[PDB]
Amino acid sequence: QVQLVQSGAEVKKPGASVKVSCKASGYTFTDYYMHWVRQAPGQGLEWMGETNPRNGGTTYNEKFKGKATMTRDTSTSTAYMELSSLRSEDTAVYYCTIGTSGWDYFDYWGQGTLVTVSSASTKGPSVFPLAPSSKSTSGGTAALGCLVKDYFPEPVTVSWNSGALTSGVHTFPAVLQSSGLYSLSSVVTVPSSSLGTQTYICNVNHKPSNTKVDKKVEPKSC
Amino acid sequence: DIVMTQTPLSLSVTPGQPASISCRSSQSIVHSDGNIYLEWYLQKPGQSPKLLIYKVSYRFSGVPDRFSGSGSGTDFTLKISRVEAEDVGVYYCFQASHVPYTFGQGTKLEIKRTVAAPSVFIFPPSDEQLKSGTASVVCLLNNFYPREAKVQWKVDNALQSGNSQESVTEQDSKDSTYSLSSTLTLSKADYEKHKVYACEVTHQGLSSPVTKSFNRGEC
Ligand SMILES: Cn1c(CNc2ccc(C(=N)N)cc2)nc2cc(C(=O)N(CCC(=O)O)c3ccccn3)ccc21
């Protein structure tokens, strides 16, 4: 039952600080060192450092000394990584990871936290239905979805029926609009036969604006 | 710092065929304890990396029999005996023999499956978005192969330019296909200037282009 659950996506202005967390469960927290890994487009995956949970002892990758500060709270089984003097270049996905077999491997990883550094205004998304109609059928199959428009920054996550519907779901990578806002669609194919008995709800989450939107996609009579 | 160099940058393999990726360390990677901590990870888009191989040749619990690792000195290799659809993603080698621990730049494995024509779907703007003063029309191309596809917007039979955006998915881990959305965005005023909204799709899988269309407002 080993799990590493990281804090949500964040958007910060340049010069500010951010403290990302990693809640560990299903094992004795003090048994394994906690590691932090950065994934930025271009620089790729980089190991940032390791924290000894017993004493809080830290070994940093020299590149991240001063920029990153690693700490832990053994009582809450939580590891923290604080980034200071944020700049545009600090925009990346940060992962926490452990190895449960000495120093042989990283077998468990957190889901990652996207930290975006920007002076632009945070904007929650507008969520529109992509209703199934005679125009969105393909021999017994109906396509439907949600259009998630005009948000900033990334990421938005989309689930269907509170995570109960995952088969045939395609949540497209976001596009950058000329306005500087993002847009994406999440679609799903289902049987056209049961549009009258099944309910399809997309759950759009936009953690940087603290927004959660549930949109029921109703079949269209066209 | 140890530099890990991967070759090739990209690989496209037919299911059932072998795959081989190389990893070169800038210097030797023997830990103070005498072991070589060389690992291989597979990362799928939007997911965390998943452990495959550790200490050069040891396969991790639950990892399929088809994966194997080999090497010594400064040259290491990951091998997949028979590639499967679930193997898509980016493979990274990693050394944890010398601080700072370092990753390779990644090798992208793409699956060379059979041709699959897209299923085409079209969505007029919602009544809620129209009320706001904007109209987005979405054309969906679902579960096709190869990735190359041409989508053209036609408004009252006139070819459109400069008002659409498209996004393509990653290759699916189960069926090795792609999906593509093409969104045509107009102000409510511009959308009301024309009646027929069409998206024309060209793909290797189709004998002739497929057009999906609708008449605005008329439902
Ligand atoms: C540097 N370091 C790491 C880094 N982890 C790591 C994981 C994976 C990888 C990798 N991906 N190759 C690379 C590095 N793990 C360590 C475990 C010990 C250790 O022996 N114990 C057990 C002590 C007892 O109970 O006797 C221990 C456990 C918790 C706190 C303190 N000490 C000492 C030193 C260690």
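The chains referred to below are lettered A, B, ... by the order of the sequence lines, with proteins before strands, and numbering in each begins at 1. Recorded method is X-ray crystallography, 1.8 Å. Atoms within a ligand are numbered from 1 in the order they appear, just like the ligands themselves. These numbers come from the heavy atoms of this one structure, side chains and all, not from hydrogens, waters or symmetry mates.
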K.L.:
Which of dabigatran, chlorhexidine, pranlukast matches the drug at ligand 1?
P.N.:
dabigatran
K.L.:
Just wondering - which macromolecule does dabigatran (ligand 1) hug the most here, in the naming of the PDB entry?
P.N.:
aDabi-Fab3 heavy chain
K.L.:
Write down the other chains that contact dabigatran (ligand 1) with heavy atoms under 4.0 Å.
P.N.:
A, B
K.L.:
Select one of side chain, backbone, both or neither to describe which atoms of A:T59 lie under 4.0 Å from any atom of dabigatran (ligand 1), heavy atoms only.
P.N.:
neither
K.L.:
Tell me which protein heavy atom sits closest to atom 13 (C) of dabigatran (ligand 1), plus the residue, atom name and distance to 0.1 Å.
P.N.:
A:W103 O, 3.7 Å
K.L.:
Mind telling me what name the entry has for chain B?
P.N.:
aDabi-Fab3 light chain
K.L.:
The entry lists a source organism for chain A; which one?
P.N.:
Homo sapiens
K.L.:
Report the part of A:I98 (side chain from C-beta onward, or backbone N, CA, C, O) that has a heavy atom under 4.0 Å from dabigatran (ligand 1); answer both or neither where that applies.
P.N.:
neither
K.L.:
What atoms of dabigatran (ligand 1) come closer than 4.0 angstrom to any heavy atom of A:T30?
P.N.:
29 (C), 30 (C)
K.L.:
Output the list of atoms in dabigatran (ligand 1) that are nearer than 4.0 Å to some heavy atom of B:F94, sorted by atom number.
P.N.:
11 (N)
K.L.:
Hey, is A:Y105 touching dabigatran (ligand 1) through its side chain, its backbone, both or neither, going by heavy atoms under 4.0 Å?
P.N.:
backbone
K.L.:
Starting from atom 7 (C) of dabigatran (ligand 1), locate the nearest protein heavy atom and write down its residue, its atom name and how far away it is, to 0.1 Å.
P.N.:
A:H35 NE2, 3.5 Å
K.L.:
For atom 4 (C) of dabigatran (ligand 1), find the nearest protein heavy atom and state the residue, atom name and distance (0.1 Å precision).
P.N.:
A:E50 OE1, 3.5 Å
K.L.:
Do me a favour and list the nearest non-hydrogen protein atom to atom 30 (C) of dabigatran (ligand 1) with residue, atom name and distance?
P.N.:
A:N52 OD1, 3.3 Å
K.L.:
What are the neighbouring residues of dabigatran (ligand 1) within 4.0 Å, counting only heavy atoms?
P.N.:
A:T30, A:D31, A:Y33, A:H35, A:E50, A:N52, A:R54, A:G102, A:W103, A:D104, A:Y105, A:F106, B:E39, B:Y41, B:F94, B:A96, B:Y101
